[PDB]
Peer 1: 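So that we are looking at the same thing, I have put the structure below in structure tokens.
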Amino acid sequence: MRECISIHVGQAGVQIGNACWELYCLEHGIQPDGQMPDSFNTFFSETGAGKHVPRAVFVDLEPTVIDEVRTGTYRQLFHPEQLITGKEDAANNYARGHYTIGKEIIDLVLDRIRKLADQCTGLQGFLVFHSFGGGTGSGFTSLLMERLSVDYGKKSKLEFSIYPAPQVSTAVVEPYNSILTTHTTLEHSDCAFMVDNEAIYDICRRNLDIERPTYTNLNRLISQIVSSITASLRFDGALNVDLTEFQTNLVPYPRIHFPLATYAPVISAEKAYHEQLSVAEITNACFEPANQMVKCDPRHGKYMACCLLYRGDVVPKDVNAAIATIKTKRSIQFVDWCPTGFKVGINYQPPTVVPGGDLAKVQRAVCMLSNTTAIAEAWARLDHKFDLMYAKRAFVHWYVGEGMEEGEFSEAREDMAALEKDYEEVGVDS
Amino acid sequence: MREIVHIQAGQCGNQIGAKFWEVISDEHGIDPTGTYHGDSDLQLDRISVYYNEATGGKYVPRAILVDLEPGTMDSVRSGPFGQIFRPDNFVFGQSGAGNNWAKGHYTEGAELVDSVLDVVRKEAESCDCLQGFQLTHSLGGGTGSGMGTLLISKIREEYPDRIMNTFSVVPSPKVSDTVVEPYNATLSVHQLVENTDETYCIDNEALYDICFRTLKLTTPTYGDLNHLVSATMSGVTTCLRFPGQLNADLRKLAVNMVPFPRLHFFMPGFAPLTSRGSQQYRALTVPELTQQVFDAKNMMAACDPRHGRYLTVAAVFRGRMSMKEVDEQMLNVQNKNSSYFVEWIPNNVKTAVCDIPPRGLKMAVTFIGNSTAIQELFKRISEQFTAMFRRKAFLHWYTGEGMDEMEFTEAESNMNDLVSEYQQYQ
Ligand SMILES: CC(=O)O[C@H]1C(=O)[C@@]2(C)[C@H]([C@H](OC(=O)c3ccccc3)[C@]3(O)C[C@H](OC(=O)[C@H](O)[C@@H](NC(=O)c4ccccc4)c4ccccc4)C(C)=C1C3(C)C)[C@]1(OC(C)=O)CO[C@@H]1C[C@@H]2O
Ligand SMILES: Nc1nc2c(ncn2[C@@H]2O[C@H](COP(=O)(O)CP(=O)(O)OP(=O)(O)O)[C@@H](O)[C@H]2O)c(=O)[nH]1
Ligand SMILES: Nc1nc2c(ncn2[C@@H]2O[C@H](COP(=O)(O)OP(=O)(O)OP(=O)(O)O)[C@@H](O)[C@H]2O)c(=O)[nH]1
Ligand SMILES: [Mg+2]
Ligand SMILES: [Mg+2]
């Protein structure tokens, strides 16, 4: 059993997944053809003899980047039924990607999913990779998650969205892509992520100490975060955290489902020989402000519930000893009515990294996924960037003729306005 | 022949037992296949309490091995003594309780509960006249509590007149490994009071302190935290398997130590507990052992015996002794520490002496004391419960599986009344 599906909508979603499937083929011993010269029934299905195919439906509205996959080394793992290709994209428009152009091809992806979904009996969940600043992964997914949720009832759904920074941002109408994707954030995904482009560029030069961080090293680090949720399905361990065990510990309320990841040891290639990277250290590494995937500090916002997910040569005695010290700390403070906020899983495998990658071959690892109160201040950086562009009614004329209307723009503001307001309600004690 | 049938519901219950059946075999000379290779005939005189002789000169464990996931089963099969188990017994689903109580009690196990319940009816007929139900589980997750509370209330329908043995690990404030540990307790308070005859309360907290200090050991793994609980459960069932001078079997303990219909929560105890170094610096005898028994730092339920009284202790000695030497040590302590015992019950000790020790010693014991200090362990969970329910936090994972507001209001009064009886009669 225990199988789950990947959908890579957008240029952000594909190139992230272009390394996420680089990583898994590396882990299980699978050459890129599909051959394995046990475990892999979370993302694969063995067909015939000596062939493994993934649960990879790549969706795009523009034929540039998918042809790179079809000519890259990973053209053989994938088979040409899988790769849905559009013609002419949304081009950072909403009402093209949702109301106009994706209406043609979304019937081609659903009846490609069900020829892959009804082949496994152990349906776990979905891994929908996108961004909040694209035109493909912006509001086309907002159509797509209102299709699988009608089909599949109350199954688990996990979106891994790249989120816009205040300072480093590479498009113009990005304060319009993020406000409209919220209606399929609180309603059609039950564990919704935020990852910043800014906050990883600080890590590539201060923790890994590389002067030129580009997208193929901004993203290989996200592949290790995805590969650690699924260490408990794909592998055994002393304590195991299933992907439905995960959400009941983590998510405390019917709407608050916004964790943020982090990871340790993110250290350089030759700084390993001197650092004494122990269980008391890498647990302590998960609370520095310089190990945040989102540009926010863990100090001004109080935590609610983290979920430590280790991997490697770890015994459970000292995880208690490492978490004993963190409870004695005074700045790392929790909301008071959740008197235990700790959940520990352990894999027995060594965490592995890509040959030609940027990280160091270590023998322990930790992937914290904390739900907290600081990240609602990573929304007032972007509500302000929306607040003036609609005030002068800028860029409205690209949306009116394409399907989008005005009355939703005043209406989708309360979709964010109450959402910042509720962390103020449940962050305060009494 | 006073048989005992064995259920293991949950990962901890499936790993306490996997060593519990490892420790109970080398008492009896069981090989890793299932045949007899022991030395004493006193093993085989009552071998039929945990066993069925299958034809060909082999034996099988009377044990029913329950999960809702195949992951723990694979460790059971591929681990130590996997092949000896009968492969018809593994009654397990594929879904997973998700560390939800209502998923192991209303939804997933509730359609596997009968397929458990008919492998035990087969094991209820390989026996002459059964008496023992050993259930080994947790109070931590889904298969321990919700799959381990519905199951007791079904065995009470068949057997209103047997004895039930839970072995229930409790949640601790220091080591709190999950987030909804206060929700996997108060729901399971309601039917481990009025439908079990004895309930051993073991903690993860105090069971590390025995591993760092009293054993002088740096790495407490679970296969050592279990391997103390295995040698307690291998001790209470000694009179059913070996003769002794003053004998006391499972009902005979449970009638002396239980003075009221509800106050039947016990804590274990075991002695000797020495390192590999402090062996030669010790001389084994009855005052050697009995003083270690009554120590404040030899109670696996993480409470202070000094903070309360005992009501009815009992010790189960093993090994060739003399009675007065055992009689006077128990005479000593009720004279020495008469403030720490209850004033309106005389002769608090019920001795039990078995002629056979554990394998390869000179003697050993097992302590069980129905203290009053158990009143503290529930307050350490009742106040962790009090915060999380007052905000109605984590309530949407339970209403979505069939539960209700009403199941959380009444369950507190049940755990209110339990501590209301230790204090009223201390
Ligand atoms: C040279 C010598 O005398 O060694 C002892 C010994 O050193 C001590 C320290 C032993 C030792 O026990 C441990 O260190 C231990 C480890 C994990 C969990 C619990 C204990 C011993 O390993 C354990 C072992 O126990 C047995 O042989 C009993 O029959 C025991 N057997 C098992 O638990 C068992 C272990 C592995 C495989 C199969 C069975 C038992 C107890 C109750 C009921 C049934 C069986 C003994 C006396 C010894 C050693 C070998 C060092 C002690 O334990 C027991 C259970 O006897 C720990 O404190 C006692 C005091 C003993 O003197
Ligand atoms: N003394 C021991 N404690 C254990 C052992 N295994 C787990 N535990 C403890 O029990 C708690 C976890 O319980 P489980 O794995 O048994 C929960 P279970 O599998 O019964 O149900 P699920 O909710 O479906 O996982 C937690 O306190 C662990 O630290 C063990 O072998 N020995
Ligand atoms: N981390 C990361 N971000 C990326 C990557 N590629 C693009 N982005 C970010 O994604 C946003 C742009 O969205 P794209 O995914 O390129 O756009 P799209 O989904 O293809 O939508 P359209 O091209 O408008 O149809 C910007 O914030 C980019 O910085 C990548 O490989 N890694
Ligand atoms: Mg595009
Ligand atoms: Mg379980």
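Chain A is the first sequence line, chain B the second, and so forth, proteins listed ahead of strands; every chain is numbered from 1. Whatever order the structure lists them in is the order used to number ligands and atoms, beginning at 1. Side chains included, hydrogens not; waters and symmetry mates left out as well; all remaining heavy atoms used.
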Peer 1: Provide the name, as given in the PDB, of the drug at ligand 1.
Peer 2: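 It is the drug Taxol.
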Peer 1: Which protein or nucleic acid chain has the most heavy atoms near Taxol (ligand 1), under its name in the PDB entry?
Peer 2: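 Most heavy-atom pairs belong to Tubulin beta chain.
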Peer 1: Going by heavy atoms only, which other chains approach Taxol (ligand 1) to less than 4.0 Å?
Peer 2: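 The other chains in heavy-atom contact are B.
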Peer 1: Please indicate which organism the PDB names for chain B.
Peer 2: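 The entry lists the organism as Homo sapiens.
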Peer 1: Hey, could you tell me which residue and atom have a covalent bond to Taxol (ligand 1)? Or is it none?
Peer 2: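 The covalent link is not modeled.
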